[PDB]
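Structure of bezlotoxumab in complex with Toxin B.
Below, read A as the first sequence line, B as the second, and so on, with proteins coming before strands; counting in each chain starts at 1.
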Amino acid sequence: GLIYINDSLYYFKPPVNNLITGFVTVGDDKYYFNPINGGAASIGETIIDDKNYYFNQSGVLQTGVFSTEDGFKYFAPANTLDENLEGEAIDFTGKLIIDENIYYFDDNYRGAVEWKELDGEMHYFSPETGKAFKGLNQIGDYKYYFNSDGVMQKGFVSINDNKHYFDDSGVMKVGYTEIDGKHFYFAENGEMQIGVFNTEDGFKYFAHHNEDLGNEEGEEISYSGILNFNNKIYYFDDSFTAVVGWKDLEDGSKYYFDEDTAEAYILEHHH
Amino acid sequence: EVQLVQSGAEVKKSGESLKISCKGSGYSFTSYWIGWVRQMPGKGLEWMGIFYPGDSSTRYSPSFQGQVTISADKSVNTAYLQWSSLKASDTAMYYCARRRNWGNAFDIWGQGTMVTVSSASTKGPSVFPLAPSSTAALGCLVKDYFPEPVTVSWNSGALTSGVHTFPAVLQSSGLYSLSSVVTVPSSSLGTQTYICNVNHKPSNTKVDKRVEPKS
Amino acid sequence: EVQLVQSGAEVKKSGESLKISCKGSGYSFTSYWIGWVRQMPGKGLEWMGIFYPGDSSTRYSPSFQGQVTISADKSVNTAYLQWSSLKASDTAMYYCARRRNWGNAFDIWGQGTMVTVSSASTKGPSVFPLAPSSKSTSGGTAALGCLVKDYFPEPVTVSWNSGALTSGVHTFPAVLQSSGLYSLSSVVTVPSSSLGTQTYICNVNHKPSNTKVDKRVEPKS
Amino acid sequence: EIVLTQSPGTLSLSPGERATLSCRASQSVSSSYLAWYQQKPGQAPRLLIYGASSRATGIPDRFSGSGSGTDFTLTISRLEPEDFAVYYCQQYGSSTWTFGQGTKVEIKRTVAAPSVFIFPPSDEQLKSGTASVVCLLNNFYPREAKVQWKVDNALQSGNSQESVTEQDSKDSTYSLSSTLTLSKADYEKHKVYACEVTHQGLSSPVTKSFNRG
Amino acid sequence: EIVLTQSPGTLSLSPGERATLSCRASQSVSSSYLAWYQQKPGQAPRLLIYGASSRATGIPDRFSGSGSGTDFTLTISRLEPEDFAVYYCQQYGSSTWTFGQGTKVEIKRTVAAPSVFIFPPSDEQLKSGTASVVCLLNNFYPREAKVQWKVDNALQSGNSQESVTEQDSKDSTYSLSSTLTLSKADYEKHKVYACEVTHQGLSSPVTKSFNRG
């Protein structure tokens, strides 16, 4: 059977000093004892009768997508394309799914990386593995959401019971955003917020849907007057922005609205 | 007190990269937007961009979009303005100011950072006299120096009255030139000695030229 | 950021042995092949070999097959290039570059490691003046400089104290002599009127032999 | 977009006088977004008025802000010495912060004529291949002055540079230096070098000249 | 094997101009395996274009790659100051990576003639048994310059070494130093030491010489 001579693996049969060489199957897993290298089990990508095969660190022939000197090769199961043998690198092109993992094989019969447009959809294949990205992912300075199928998403997406927004380019949109004439506010992680936040224009109110008014969830509402929200007090002027410092209203009331947060810290009732 | 303190004056070679800072103190750094304003030599104010540190949102002037990038604190309450490959056309004063949280005026300003950008190299000034003829006027011609500034004085200190040191003019050569002049009584010519003391720290040039009437 | 940081400059005598490193940071080291490129002085790029951190597979250029060996991380997160007996013909710049996983272009490069190999020993420089000509067109400009002769190894640094003189200075690239020692000249064009008025001193610094020479360049009498 | 046009460019008034500075917007604008800044010479801009009428922290009562729609005004009830500076108005904006071009508040004083002086290139300078001819206009007022260079009665163009001092601390005047730069070659080629000053304090254009002797 | 031949070798163009660099392969090649690198002087190479037409991360839009089969081209629509460097094309095939010999992109500027200067061996240097004569060619353009050494009207060969600076950041010029090395013995044997510069900015060969005194 299979014996280890000096960190390298070999195969011998009953006669004595009968080194075997060539393809052998030791149970489930198949090996190749290189007749060039004294019958030593081949590790990594190796050429046998002009065909390419891949063996793990233990010398057993493997199937699937693997990094090569050429790029990502597909060492296909038997009869996958033009009656190929088990683990033979095939001249494959197109989409390829192997147990959830999705790959796209470019015209050179090798796995593609980064942005690839497939049909009318955008996909992002890992530069590390060649596998399509799924879910929320940072790609460069921006964040994108991809399907369970690796299709890049545009519009509002519910991720972990929070709303995110991906523009016409799939980018995640953070801060005070204009979405087709309506304004919304996203946290720096992308999560759409309700409350008053610091916008380029100043402090603005992004309100919950009200049955009257007819505002969308988290849509900027052109508020004016005092706002009592989340145990906080704000006053908005005709700018539909919250005021800071001292403010006295004809109703008697004298307020001090925190310079940093625009929230009421002091309220003296007068006449 | 609330204050924004900026990095020192920068003298760079064209094509180089520069990152200029603005440290905020006395207030909650993440509660205020902080902006960058450019003021070219002898010109007005140009808004470049703003940054909200609490959100990391940035917004630029379409005229500065791409040409520069704004960023902030590594904990350190500091805003940054940076260029990847400077131009001579970027030679300007740069101010950072923090924005009020109603209604977008910049309430606190930084001292400014002078950013001088030239293909030129540190050359010291040449001093030539501006001799009197027949009160009279005399002076010194501080020609072909780089970078700014030069300092002129007359009789060590002594002569201050009627002295006119002119703002430097940048020549097409890439070097700066200026004159320092003084009006004196005509009776003093021959009696009194007039020496101008020109000092240029960048090239470490200290000249004292004697201005006397030509014969 | 994604970056490959290489070991410092090496000065080794001929026949000696050397192992040069390349540390990868900002990315998954085991997911990318990493290669070695040689750039002979004043010549272009030559590919030596590539290595796969997460397979340990290596492939060499037939011209470098045997002469060198590539290996990696010895735990975390460094690649290696090594020679068993260096030659003077191995004096070059060595770059390690990360390979893209489509279609073999080298997307991230190291700063480089200068490998200087000669039988020579650390000698300091002889700093001689390049005195202004008595013939130099008066009113106009004259040229003066320094002759930083016979030194080893590279580099030397020239200034005109305390820096001060930068305008019109030309420090020339060193030329290796047949002697095995390097030599260069630092020159500066100044106004002819300055000769006698102004003092010109060149400050030559050679850290390898710890030589600091401050030679005064005055017109010969 | 929003364009802030300030008038006048220079307001010449004497200390103690009332100053009224204008800011006109290209379109109707919110009073919330209107601010006024002051910039003293060689100093950073500082906020004076925010929200069109509100006075910034530590800003003297002489500074008052008013207006609505498109026309805005900064008022200085009594001009102090410190009050002579540049004033910029500001708007917003659709994010976009716009500034006005400024209004310089200059010190009004009586007309004063320049004392004119011409200087030929020094012998030291002529040894090197360049000649610099200098025309000095000492302590004049107002700033409006025309300096023409004439080389053997031919008017020079694109070979001079003028430099003006800031208004003098003592006598509120300006000084100007116009420098003619020529190569030693072109300088030896001609005899009569003259500059012709045209100021409103002078009875007729004053010419100060020289010949190479 | 695969051989990449680039043309020109030097491309002299001015900033703002369009640059077109060629790469011709010895045999038909995959577009996937074609890449272009930029190398600034004394800096590491950086990827510009991969897969013949795809632009590497953070590479400006002015850089464009095209071609197929054997003929490939790198284009720079508008040259910026930073764009003047060496460009190598690269390919992969038959388990090996191949590079092109490079194309330098030099700054075209007006012809400028060298200021020539000769320096005799110092007295300190002559004490040791060697004499070094230096010929300086200050701020010239283009790089093409012939420097000939003549010792008592005899043309010298195999006893000099030239060294060129990189194109100047300010005036886009080159400087060159040609050093003549002789033993104290052979130096004392002769009187007239001359270098004869041949540049296209000079009307005829310029000779700068000395005699020992």
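Copies included, the model assigns bezlotoxumab to chains B, C, D and E.
The heavy-atom neighbours of bezlotoxumab (chains C and E) at a 4.5 Å cut-off, by chain: A, B, D. The chain of bezlotoxumab (chains C and E) showing the greatest number of heavy-atom pairs under 4.5 Å with chain A is chain C.
The entry lists chain D as bezlotoxumab light chain.
Measured between heavy atoms with a 4.5 Å cut-off, the epitope of bezlotoxumab (chains C and E) on chain A contains A:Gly44, A:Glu45, A:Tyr54, A:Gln57, A:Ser67, A:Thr68, A:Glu69, A:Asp70, A:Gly71, A:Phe72, A:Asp106, A:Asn108, A:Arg110, A:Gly111, A:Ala112, A:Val113, A:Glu114, A:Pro127, A:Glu128.
Defined by heavy atoms within 4.5 Å of chain A, the paratope on bezlotoxumab (chains C and E) covers C:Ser28, C:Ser31, C:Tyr32, C:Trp33, C:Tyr52, C:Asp55, C:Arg59, C:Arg99, C:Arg100, C:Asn101, C:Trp102, C:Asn104, E:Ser32, E:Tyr33, E:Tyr50, E:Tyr92, E:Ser95, E:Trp97. The PDB entry calls chain C bezlotoxumab heavy chain.
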